[PDB]
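Structure showing ulotaront engaged by Trace amine-associated receptor 1.
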Amino acid sequence: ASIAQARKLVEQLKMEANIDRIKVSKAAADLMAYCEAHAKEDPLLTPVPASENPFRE
Amino acid sequence: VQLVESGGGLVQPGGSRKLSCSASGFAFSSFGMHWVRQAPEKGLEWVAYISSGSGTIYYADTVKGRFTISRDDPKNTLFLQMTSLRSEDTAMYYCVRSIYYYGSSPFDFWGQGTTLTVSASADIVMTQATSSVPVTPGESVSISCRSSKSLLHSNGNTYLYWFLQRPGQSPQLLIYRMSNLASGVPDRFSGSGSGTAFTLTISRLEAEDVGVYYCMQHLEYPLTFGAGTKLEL
Amino acid sequence: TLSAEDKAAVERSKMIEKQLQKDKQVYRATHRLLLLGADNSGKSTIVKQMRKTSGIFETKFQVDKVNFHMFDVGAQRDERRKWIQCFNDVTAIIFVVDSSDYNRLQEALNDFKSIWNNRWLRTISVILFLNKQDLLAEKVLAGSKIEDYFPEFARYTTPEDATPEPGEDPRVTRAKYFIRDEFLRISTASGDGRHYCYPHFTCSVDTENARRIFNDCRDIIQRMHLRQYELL
Amino acid sequence: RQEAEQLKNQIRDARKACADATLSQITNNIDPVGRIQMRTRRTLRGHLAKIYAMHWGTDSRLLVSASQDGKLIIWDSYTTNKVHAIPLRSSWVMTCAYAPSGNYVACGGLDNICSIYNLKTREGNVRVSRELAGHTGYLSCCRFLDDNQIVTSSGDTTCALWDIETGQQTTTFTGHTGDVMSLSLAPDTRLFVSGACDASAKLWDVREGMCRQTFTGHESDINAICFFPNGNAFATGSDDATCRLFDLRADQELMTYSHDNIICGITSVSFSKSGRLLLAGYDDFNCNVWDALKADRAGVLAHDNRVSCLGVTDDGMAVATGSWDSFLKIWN
Amino acid sequence: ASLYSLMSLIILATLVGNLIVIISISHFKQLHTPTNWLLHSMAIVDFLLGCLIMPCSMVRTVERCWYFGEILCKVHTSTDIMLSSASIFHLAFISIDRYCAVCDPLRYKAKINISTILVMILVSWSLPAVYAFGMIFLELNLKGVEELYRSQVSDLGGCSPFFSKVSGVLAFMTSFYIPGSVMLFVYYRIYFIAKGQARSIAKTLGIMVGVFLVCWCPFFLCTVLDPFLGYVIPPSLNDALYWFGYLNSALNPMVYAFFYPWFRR
Ligand SMILES: CNC[C@@H]1OCCc2ccsc21
């Protein structure tokens, strides 16, 4: 039990601590940028007339 | 997967014969069945058609009251009943599998056929430009086919097929629906078209590409074939 | 549908719908049961008498031309609340208790409490089986007591309407009905008249459990129908 | 043990000293989508018992569904036709997956086995080609990487990477405390996220078979996990009527999508083609569509019983929803 | 005017009662059970009665006269007989379904399926029509009373049904005795079972029986008793009895739909 796993958790938590991180405000830019870059490719977002969609009627 | 046909023989005029095709090695009770004729000096011709559930039956306009089709699911046996044999039923008959769902490839596996010697309209017209062409083992070949009515359908499909029966065996399938490639055929065949005229192109050329290439449409039911273009190497 | 291939596709779909209808009539005439118990309880022997790390086992028995499907949950973990949501449509639950140990009884009591009070297990009635009663009889005549585990056993009298066996010794009875009540007290505290409990006294050598299950199921479904038609 | 808690405090502090601005502060200057009207365009019928899982095909036309009577059905969503009907050996199925090439399907449940079905045989029938065994608990999810690799989630707190050709596990993913409920793949198929009943979500590396990151914040257990189209975010769904959105690189919790009018838990989550919408199926017989950038309720897909699964077409064409009353609805 | 108002109150109510239920069954997916279709068909049969017959039938009573072609009276009556018998048969089949559900719990879903229900609807729609058409077209009923049928009633403009001493009893039997006895036996058996389990741990059936009985027994009793007595029942009184039988069409949709909690939605 303690003789071993505790030996292990120490390892995984030590490994997980060292990770590069960024600014949260910067993180709120790539998602937006994707949103406006692909806003015109979303059929569900902009309603489509019953001419270029296969679920008419 | 192998199918066996039985019957044949020489029948005096005015007789009646019971031709049969026997299936084995697959789920025969899920495939539609056809009969296709072929004169010794002419191209193929479709005879009749039975569906998987026996609820739908078609006949060729040439003979509708003379022939009769039937199937048996517990034994996997298909039958063709012919009466009052005229002076025309002197060709070879084949039994062909077919299964219909989205993305399927109908007309995939053919039988081996049989022989039958007899002693002495508004359908789409499908024609092929030529009958033969000499080529070289390694050059590019192009076979053309034409139709009388637009094969393109409102859904978006183009019902055109290429078969290319080899000189000595039963026909096989190269291209289905004018663009798609069959299962085991080499990846050097292709097809293209515009709606009325179509072309089959062979990039390379091997010794196995000799034979007669066929052009069939599956828009309406008559099921008219082409003429055939033999290749000599 | 204006092409031959589309018509053939519709026809294939129609065959599929006819196969699904026969599956549905086959399905509507079957009753599903869930079997639950512990390792000491003889639940593994009742299935044998009635008839790799797998996850579930099946056993089919027929009585009076009625089919019953009993599902025994095999090699799983110690947590039950997650996969118990898939059994909210069974007719009844068979609970098997080995009440001849004097030690392994309180844990069975909390088990029964957890199963009876489950949220997803409402409307489901439970059939209680008390197994290995002969061992209890062999463990009480010599005198391993019960008061040392349950101090209120010394203040319990045989209830007024009990029926003893014909060859019964007076003593055995007091303990059997004490255990039966102990189990029955849990059910009466909740449920507000939507499911019931059906206790029993089962032995290792019995050939009647199927009939008891049939009768309890018959009663459960009759009560369900009577409530549905505003008759209860 | 004391040192461990220290470390954890160090990690927290590192995460804390990064949140300069939440999503709302940046996103409060964008016009919303407003109101979206989605109508039922198809209704698929034929299942006997409740429906537990579904999966769209890359063709954007075909889909597969699984029900508790022990049946798999493949539909054609344009003409409402049925293509295949497959019966299962065990009737307690819980998940199903469809191959990216459209050649195979998979399913599993309360039998500790993951079955593979071959859809393209010479004979016109569908038959089982591989049974993967070795798990101790029930299977809860499965996803294809390619025609030869599959990742499964079980009730024995472990995940696994399999090899269909041989049928033996090549990697084991241990570390969860409670039984795992769901998983999601990445577009590059180099990483995958997983959520379990221990209210924690973990990120795993397929090649090295090792845990990379951990996410916390949910009060109850995790039922459904989805992944952002871009590749850096993923959204979850719990039993406490809440859904979040965690970044990978940032390692934190972003805007939270919840309301005071919902008491029941979430069963399924999915994303839009652009990431502008977040739709989740709730236990109150309904499906809620949310604005993925401003946490605004925009549209409701109103089934007579609990919604069990969702799905969005690859090209954004439509959305298919399943439920416990054995009906499938397509909204466009 | 008051009589006209009452007449409207009956028909309009019947129409509203039957139109709601039909819509409710067809559109909604959840209520598709074999048994539910039995109610749908019943509601259809009741509806037709209020829209065709109750109006024209009201006209004879109000102004004590019949102003229409003779070819029409053979149409108005048979229509009046077929639909009433169909409604009574539907009631009997509903009672049989209840008996099958309560006294055979483990084989209910198997026995009472869609097939059985379709057969029930087919019989209930076919047999009353067969008995109404031939009976009212071929003059089986008029035979032996032609002098009396045409001596007084036919002379003066009228459109009053007439039965002999051998056809009235057969109609009485066919349209009241069998379904009523079936319902009585079924509900008497069910009452004891329901009571005898309540103690173990009884009025809805009593209502239903009373509504059915007090609403159709006097009309049939007078119909079967008048030929023997010698036609001493006043025309006015009789009309009442007809309206007192039609009132069943207005109350039947309500007892079998609104009472049950599952049909509140
Ligand atoms: C009160 N309308 C019922 C109708 O009135 C004419 C005779 C008859 C016989 C069975 S039902 C019926």
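To find a chain, count down the sequence lines: A is the first, B the second, and so on, and within it residues start at 1. Atoms within a ligand are numbered from 1 in the order they appear, just like the ligands themselves. Method of determination (from the header): electron microscopy, 3.0 Å.
- Counting only heavy atoms under 4.0 Å, the other chains near ulotaront (ligand 1) are E.
- Binding site of ulotaront (ligand 1) at 4.0 Å, heavy atoms: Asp80(E), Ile81(E), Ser84(E), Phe163(E), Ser175(E), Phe219(E), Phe220(E), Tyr242(E), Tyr246(E).
- Taking a heavy-atom distance under 4.0 Å from ulotaront (ligand 1) as the test, the passing transmembrane segments of chain E, by UniProt's count from the N terminus, are 3, 5, 6, 7.
- My check of the UniProt 2-phenylethylamine-binding residues in chain E for heavy atoms under 4.0 Å from ulotaront (ligand 1) returns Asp80(E).
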